[PDB]
Every structure is written in C-alpha cells, then in structure tokens.
Peer 1: 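Encoded as structure tokens, here's the structure I'll be asking about.
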Amino acid sequence: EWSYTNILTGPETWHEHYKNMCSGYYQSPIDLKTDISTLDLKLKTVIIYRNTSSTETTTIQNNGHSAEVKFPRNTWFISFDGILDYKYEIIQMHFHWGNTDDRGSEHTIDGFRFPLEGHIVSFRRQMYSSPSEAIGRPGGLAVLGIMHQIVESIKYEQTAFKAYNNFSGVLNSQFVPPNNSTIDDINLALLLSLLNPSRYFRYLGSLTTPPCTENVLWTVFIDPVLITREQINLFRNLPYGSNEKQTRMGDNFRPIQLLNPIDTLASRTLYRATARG
Ligand SMILES: Nc1cc(C(Cl)=C(Cl)Cl)c(S(N)(=O)=O)cc1S(N)(=O)=O
Ligand SMILES: *[C@@H]1O[C@H](CO)[C@@H](O)[C@H](O)[C@H]1NC(C)=O
Ligand SMILES: *[C@@H]1O[C@H](CO)[C@@H](O)[C@H](O)[C@H]1NC(C)=O
Ligand SMILES: [Zn+2]
C-alpha cells in the first residue's frame with residue numbers, strides 16, 4: 001500500500017514501489033514560479049458549468065487519504081475554449097491540507113504554501129467515453145487546483161464553504177473511512193467566481209498519489225478563495241486510514257517535484273494565463 005505519514009510506504013518510497021509512473025520526469029506537484037514561466041495569451045478564461053437536467057445525488061467519502069466529493073456522471077463540466085460542448089467532465093473534488101496553517105497545499109506559488117488546496121478532477125470526454133477509460137490513458141485527465149487562504153474577518157457567504165454548503169456537516173471526528181454520505185451539491189460555478197478564473201498556471205504533469213500517472217493537464221489558479229480557521233480545523237477532525245502512522249488526517253500532500261529533473265528526455269514548460277488586457 002501507500003501513505004503520507006508512514007516512512008516505510010510514504011512519498012519518498014513511491015519512485016521504487018510504483019515506478020510506473022512515480023519514477024517519471026513529468027511529476028506533480030511543482031513550485032509554480034512566476035518569473036520562470038511563459039505567459040501564453042492564447043490560454044482562455046476557465047468556465048465550470050452544470051447540466052440543468054441532471055438530478056442524481058452528490059456524495060462525500062473519507063477514503064482514508066482525503067475528503068472526496070463524488071459527482072454524478074454527466075453533471076459538471078469544464079470549458080477551456082468558451083464552448084459549452086462537454087469536452088471535460090468533472091468526476092470528483094478532494095483536498096490537501098496541513099497539520100498547521102502554514103502548510104497543506106501540494107503546489108507552491110513562488111515557494112509559498114497555502115493551508116488547503118482543492119483538486120477538481122475531470123476526464124477528457126472529448127476523446128474518452130468514461131472516467132475508467134480516461135484515468136490510465138494518455139492525455140486522459142485535467143485537474144483544477146484551487147488555493148484557499150485563512151482570513152479572521154469574513155461572512156460565511158463570502159467563504160468557499162458557501163459554495164461547498166459546509167459539506168452538509170460531514171467533516172467531523174465520526175466521519176471514519178470508508179464512510180460515504182449524501183450531501184447537497186457543490187456550487188462549483190460559485191466557487192470559481194470567488195477567484196479570477198483567467199489567472200492561472202498551466203503545465204503537463206501527473207497524479208500526485210500512486211500510480212502518479214503522467215496524463216494530467218494541470219491548471220492552478222493564482223488567486224486563493226477564502227476560508228476561516230474554524231473551517232480548516234473541520235478537515236483536521238477527520239481520521240486517517242489505518243495505512244497511516246498519524247491518527248488525525250493532515251499533511252496529506254506530496255512533496256515538491258522539479259519541472260525538469262536532470263534525467264528528463266524532453267523538457268516541459270510552465271505556462272501562465274492572464275485576462276485579456
Ligand atoms: N486524482 C486523485 C485521486 C485520489 C485518490 Cl488516490 C482517491 Cl482514492 Cl480518490 C487522490 S487522494 N488519494 O484522495 O489524495 C488524489 C488525486 S490527485 N491529487 O488529483 O492526483
Ligand atoms: C444531462 O443529464 C441528462 C439527465 O440525467 C442526461 O440524459 C444527459 O446525457 C446529460 N447531458 C450530458 C451532456 O451529459
Ligand atoms: C454553515 O456553517 C455555519 C455554522 O456554524 C453557518 O453560519 C451556516 O449557516 C451553515 N450553512 C448551511 C447551508 O447550513
Ligand atoms: Zn489531489
């Protein structure tokens with residue numbers, strides 16, 4: 001198995017235990033370096049949109065690694081080109097956080113760690129008919145990264161937790177793995193409106209847990225959405241799976257990978273996007 005906190009099965013081991021593909025040279029997360037990135041004005045505003053006809057329930061599970069929101073099929077989509085033609089279909093959203101407020105994110109922005117990084121996972125429905133077809137195949141996946149930052153003074157309604165509908169209260173010490181509960185749907189469009197959806201890093205990388213598949217189109221928004229200390233401590237109430245050394249769920253993030261390890265056979269480039277000025 002694998003873990004975050006057991007040194008025998010933890011992230012420094014994955015390159016050996018899961019060489020396909022945790023030994024690769026296109027791994028994630030990376031440090032997102034504003035100065036050492038290429039501005040590409042062709043990269044458009046991201047849109048998240050829902051199929052109005054979908055009625056199926058959303059669930060959340062403590063999978064032992066994270067809190068994972070499981071979206072029904074054919075419901076939530078991403079557009080990178082302004083057309084609402086279902087090229088990318090959202091599967092799930094999960095989170096990475098810290099034992100303490102000064103770490104938790106997988107990506108860094110110029111070396112800075114956020115307390116909470118959310119990952120919206122989608123498959124390239126344009127090419128592949130289902131998640132199970134896309135998840136192991138080339139170019140199959142696109143993930144959105146959303147940074148969260150803690151503020152002392154804020155109304156609930158302008159926090160990310162309004163979009164999350166507080167996960168219907170499931171974030172607590174009794175939400176043990178592998179428990180799943182029905183929750184209110186997540187308003188992913190409202191979530192995206194809490195930041196600038198034109199301002200993002202873009203690169204080709206990997207899943208950040210084994211098997212670290214190098215088939216992820218990454219988009220990481222530079223502006224964070226806002227949460228309170230009370231909200232970040234809700235995540236810290238979840239218990240880790242029995243694979244972990246630590247009892248409480250926290251520090252569920254992979255260490256930083258290089259954009260171009262010395263052994264790369266073809267360098268990748270970190271791109272940045274900004275709004276049409
Ligand atoms: N796509 C994905 C899946 C999972 C796992 Cl393995 C689940 Cl069991 Cl949902 C997780 S996990 N184990 O919830 O952190 C992370 C990702 S990520 N960071 O987007 O690479
Ligand atoms: C929208 O949801 C309906 C009802 O569940 C479904 O039959 C339809 O295929 C969905 N549309 C897309 C584009 O997935
Ligand atoms: C979510 O969290 C706080 C309760 O401590 C509250 O102010 C808010 O009304 C809750 N929202 C919903 C939808 O229950
Ligand atoms: Zn993730």
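Along the sequence shown, residues carry numbers from 1. Atoms within a ligand are numbered from 1 in the order they appear, just like the ligands themselves.
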Peer 1: Of the candidates clorsulon, ataluren, lacosamide, which is the one found at ligand 1?
Peer 2: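 It is clorsulon.
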Peer 1: Write down the macromolecule with more contacts to clorsulon (ligand 1) than any other chain, named per the PDB entry.
Peer 2: Carbonic anhydrase
Peer 1: According to the PDB, which organism is the source of chain A?
Peer 2: Schistosoma mansoni
Peer 1: Which residue from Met93, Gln92, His94 reaches closest to atom 19 (O) of clorsulon (ligand 1) through any of its heavy atoms?
Peer 2: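 The option holding the nearest heavy atom is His94.
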Peer 1: Using a heavy-atom cut-off of under 4.0 Å, does the side chain or the backbone of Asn63 touch clorsulon (ligand 1), or both, or neither?
Peer 2: side chain
Peer 1: With clorsulon (ligand 1) as the reference, which other ligands or ions fall inside a cut-off of 4.0 Å?
Peer 2: ligand 4 (zinc ion)
Peer 1: Out of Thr208, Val69, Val216, indicate the one that has the non-hydrogen atom closest to atom 18 (N) of clorsulon (ligand 1).
Peer 2: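 When every heavy atom of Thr208, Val69, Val216 is considered, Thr208 comes closest to atom 18 (N) of clorsulon (ligand 1).
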Peer 1: Could you check atom 6 (Cl) of clorsulon (ligand 1) against the protein and tell me its nearest heavy-atom contact, residue, atom and distance included?
Peer 2: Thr209 OG1, 3.3 Å
Peer 1: Can you report which non-hydrogen protein atom sits closest to atom 1 (N) of clorsulon (ligand 1), along with the distance?
Peer 2: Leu207 CD2, 3.7 Å
Peer 1: Looking only at protein heavy atoms, which one is nearest to atom 9 (Cl) of clorsulon (ligand 1), and how far off is it?
Peer 2: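 Going atom by atom, the protein heavy atom closest to atom 9 (Cl) of clorsulon (ligand 1) ends up being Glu68 OE1, 3.0 Å.
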Peer 1: Does at least one non-hydrogen atom of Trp2 fall below 4.0 angstrom from an atom of clorsulon (ligand 1)?
Peer 2: yes
Peer 1: Mind checking whether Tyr4 contacts clorsulon (ligand 1) via backbone (N, CA, C, O), side chain (CB onward), both or neither, at a 4.0 Å heavy-atom cut-off?
Peer 2: side chain
Peer 1: Report yes or no: does a heavy atom of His96 sit under 4.0 Å from some atom of clorsulon (ligand 1)?
Peer 2: yes
Peer 1: Could you pull out the residues near clorsulon (ligand 1) at 4.0 Å? Heavy atoms only, by chain and number.
Peer 2: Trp2, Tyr4, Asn63, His65, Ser66, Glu68, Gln92, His94, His96, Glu106, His119, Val121, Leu207, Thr208, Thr209
